[PDB]
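Structural view - nelfinavir in its complex with Protease.
Going down the sequence lines, the chains are called A, B, C, and so on. Sequence positions for chain A are given in the PDB entry numbering; the residues included correspond to 1-99, in order. In chain B, numbers come from the PDB entry; the residues present are 1-99, in order. The figures that follow rest on heavy atoms only: side chains count, while hydrogens, waters and symmetry mates do not. All ligand and atom numbering here is 1-based and tracks the order in the structure.
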2 protein chains.
Amino acid sequence: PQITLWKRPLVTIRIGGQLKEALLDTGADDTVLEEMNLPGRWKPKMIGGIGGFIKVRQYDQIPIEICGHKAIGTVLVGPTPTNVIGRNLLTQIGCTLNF
Amino acid sequence: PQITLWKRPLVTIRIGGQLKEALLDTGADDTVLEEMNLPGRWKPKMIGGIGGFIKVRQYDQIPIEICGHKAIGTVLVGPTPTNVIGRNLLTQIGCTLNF
Ligand SMILES: Cc1c(O)cccc1C(=O)N[C@@H](CSc1ccccc1)[C@H](O)CN1C[C@H]2CCCC[C@H]2C[C@H]1C(=O)NC(C)(C)C
């Protein structure tokens, strides 16, 4: 689909069998979701943006269906202000910026 | 143009006739530029990123050419590690997300 930016580019995702809403974020290198439980082992990591750094749980090779498109990759879980789908997964679904 | 997301979508922007590299960021509601001594009045504002809020100076109706496309709007200046072009300006240059 083609998405304009007059409003936040929010989309529904399926992860761990549960539906969630997330923001398609070209400015984020990684995908970061609010605290939640996910199958498998995770590794402690830290990521930063504006405002500073936060501690997250790194889960690898996690399947996520984004607006009907399949992706399987790294998902960071932590106290992020909101769910963000970063470039690591945006590239998997063939998402590009156009103007 | 079409910009893929294999690497950070950094483009050249012109503000004050000067050139800077900035990130096309669909996840940002606002445009936040690294500290720069812009002239004129401004209003204090707090913007929140992944690691918390930072204080910025809000400048209104500032001309900004993004990768050759002209825009004009609100630009926030503060201690961000990277220049970010948010939806407030991305919409002006007709930028969309596609997949
Ligand atoms: C700058 C800005 C605004 O002016 C208004 C609203 C949000 C933001 C904002 O920082 N949005 C961010 C998403 S994280 C997010 C946080 C809160 C609400 C929605 C999204 C940016 O799109 C992405 N953001 C762009 C950029 C911000 C300056 C530092 C270098 C990158 C860091 C990157 C980022 O945070 N990456 C993570 C991997 C940690 C997620």
Which other chains show a non-hydrogen atom at a distance under 4.0 Å from nelfinavir?
A, B
With a non-hydrogen cut-off of 4.0 Å, what is the binding site of nelfinavir?
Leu23(A), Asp25(A), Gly27(A), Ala28(A), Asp29(A), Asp30(A), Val32(A), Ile47(A), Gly48(A), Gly49(A), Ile50(A), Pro81(A), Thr82(A), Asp25(B), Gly27(B), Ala28(B), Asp29(B), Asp30(B), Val32(B), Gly48(B), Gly49(B), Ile50(B), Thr80(B), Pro81(B), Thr82(B), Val84(B)
Covalent attachment site for nelfinavir
none
For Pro81(B), atoms of nelfinavir separated by under 4.0 Å from a heavy atom:
29 (C)
Where nelfinavir meets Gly48(A) - atom numbers and elements under 4.0 angstrom, heavy-atom basis:
39 (C)
Quick one: nearest non-hydrogen protein atom to atom 15 (C) of nelfinavir, plus distance?
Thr82(A) CG2, 4.1 Å
Any idea which atoms of nelfinavir are less than 4.0 Å away from a heavy-atom of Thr80(B)?
28 (C)
Any N or O on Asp25(B) sitting closer than 3.5 Å to an N or O of nelfinavir?
yes
For atom 2 (C) of nelfinavir, which protein heavy atom lies nearest, and how many Å away is it?
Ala28(B) CB, 3.7 Å
What protein heavy atom sits nearest atom 1 (C) of nelfinavir, and how far off is it?
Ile50(A) CD1, 3.6 Å
Could you tell me whether some N/O pair between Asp30(B) and nelfinavir is separated by less than 3.5 angstrom?
yes
Could you identify the single nearest non-hydrogen protein atom to atom 33 (C) of nelfinavir and state the distance to 0.1 Å?
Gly27(A) O, 3.4 Å
Shortest protein heavy-atom distance from atom 14 (S) of nelfinavir, along with the residue and atom involved
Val84(A) CG2, 4.1 Å
Which nelfinavir atoms are under 4.0 Å away from a heavy-atom of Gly49(B)?
10 (O)
